[PDB]
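Lab note: Activin receptor type I, saracatinib bound.
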Amino acid sequence: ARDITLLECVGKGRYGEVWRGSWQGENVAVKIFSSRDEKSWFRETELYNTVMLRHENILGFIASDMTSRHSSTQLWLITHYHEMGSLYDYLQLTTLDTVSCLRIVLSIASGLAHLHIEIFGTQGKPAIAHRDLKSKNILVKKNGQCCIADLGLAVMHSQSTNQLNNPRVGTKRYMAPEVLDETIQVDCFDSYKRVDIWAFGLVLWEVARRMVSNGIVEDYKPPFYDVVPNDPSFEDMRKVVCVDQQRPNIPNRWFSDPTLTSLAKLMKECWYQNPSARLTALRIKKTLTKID
Ligand SMILES: CN1CCN(CCOc2cc(OC3CCOCC3)c3c(Nc4c(Cl)ccc5c4OCO5)ncnc3c2)CC1
Ligand SMILES: [K+]
């Protein structure tokens, strides 16, 4: 709205940049989109202002603005601020106990389940697949819960219509096997929900590594840290996941802990090569609730 005062830059990449801003006394996060990502800015804006997307575990919308002149375009998305930053940065220095670990993973599954499920009525919403789920697109709150942030690559589906993208978009390190070997049924909306579930299982692994049991804990590592380089190519990922049939390694110490044991069983059922065999977000949520 440019009544915002852009204080400090808290993120910078291909997507654009994210600024901590001040708007009427309160802190806000301002994502400044490139002109090359105009379609992503509008899709994310339209979910927020037309679908009325809102949930305790989804990044809170505040405002969206576009100003465009002949030879100038500025694309702003304004949301609630979260001073703890991404789950990725949060896991770097923090360790977790059983309670705070389950609060992180259950809140993520709660937000993902809310995205996936279609709601009917005048105040309803379509089914939504995220398609770029990863630890850098998840923010941590002060209460220890998380929200899902980046909705630019989302796809929607309403049973009341025949409405239905991008071929190979998303972080390659988090791509599902059916995306890498190109067998994904791009015309079934359920394929994108299952691609989100594969990514969710990778994040489960990232978080559980940082949970202490028996005085032990693992350093933060990204998924497949030990078998691919940084910025891995599409081919590197296809060799590791599709050909070598490799999955993130479960430390043996997890099995001495019954909580890390259940999360381990949850990860495996998100990593099936057969996408139809993978759990749904709703089933993951119910399972995580029983653990408490
Ligand atoms: C240097 N540190 C000092 C303090 N602390 C600040 C908290 O950092 C953020 C960063 C955000 O975005 C980054 C998240 C990781 O990937 C790069 C950007 C925040 C954020 N981002 C955001 C996303 Cl991911 C998606 C849509 C958005 C957004 O803001 C406007 O609309 N939103 C809220 N708070 C953030 C705090 C750590 C850094
Ligand atoms: K809040």
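Numbering starts at 1 and runs along the sequence shown. Recorded method for this deposit: X-ray crystallography, 2.7 Å. First listed ligand is number 1; within each ligand, the first listed atom is number 1.
Put simply, copies of saracatinib show up as ligand 1.
In this structure, chain A contacts saracatinib chiefly via UniProt domain Protein kinase. On a heavy-atom basis, rounded to 1 Å, the UniProt active-site residue of chain A that sits closest to saracatinib is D132, 9 Å. Applying a heavy-atom cut-off of 4.0 Å to saracatinib picks out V10, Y15, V18, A29, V30, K31, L59, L77, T79, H80, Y81, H82, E83, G85, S86, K136, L139, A149.
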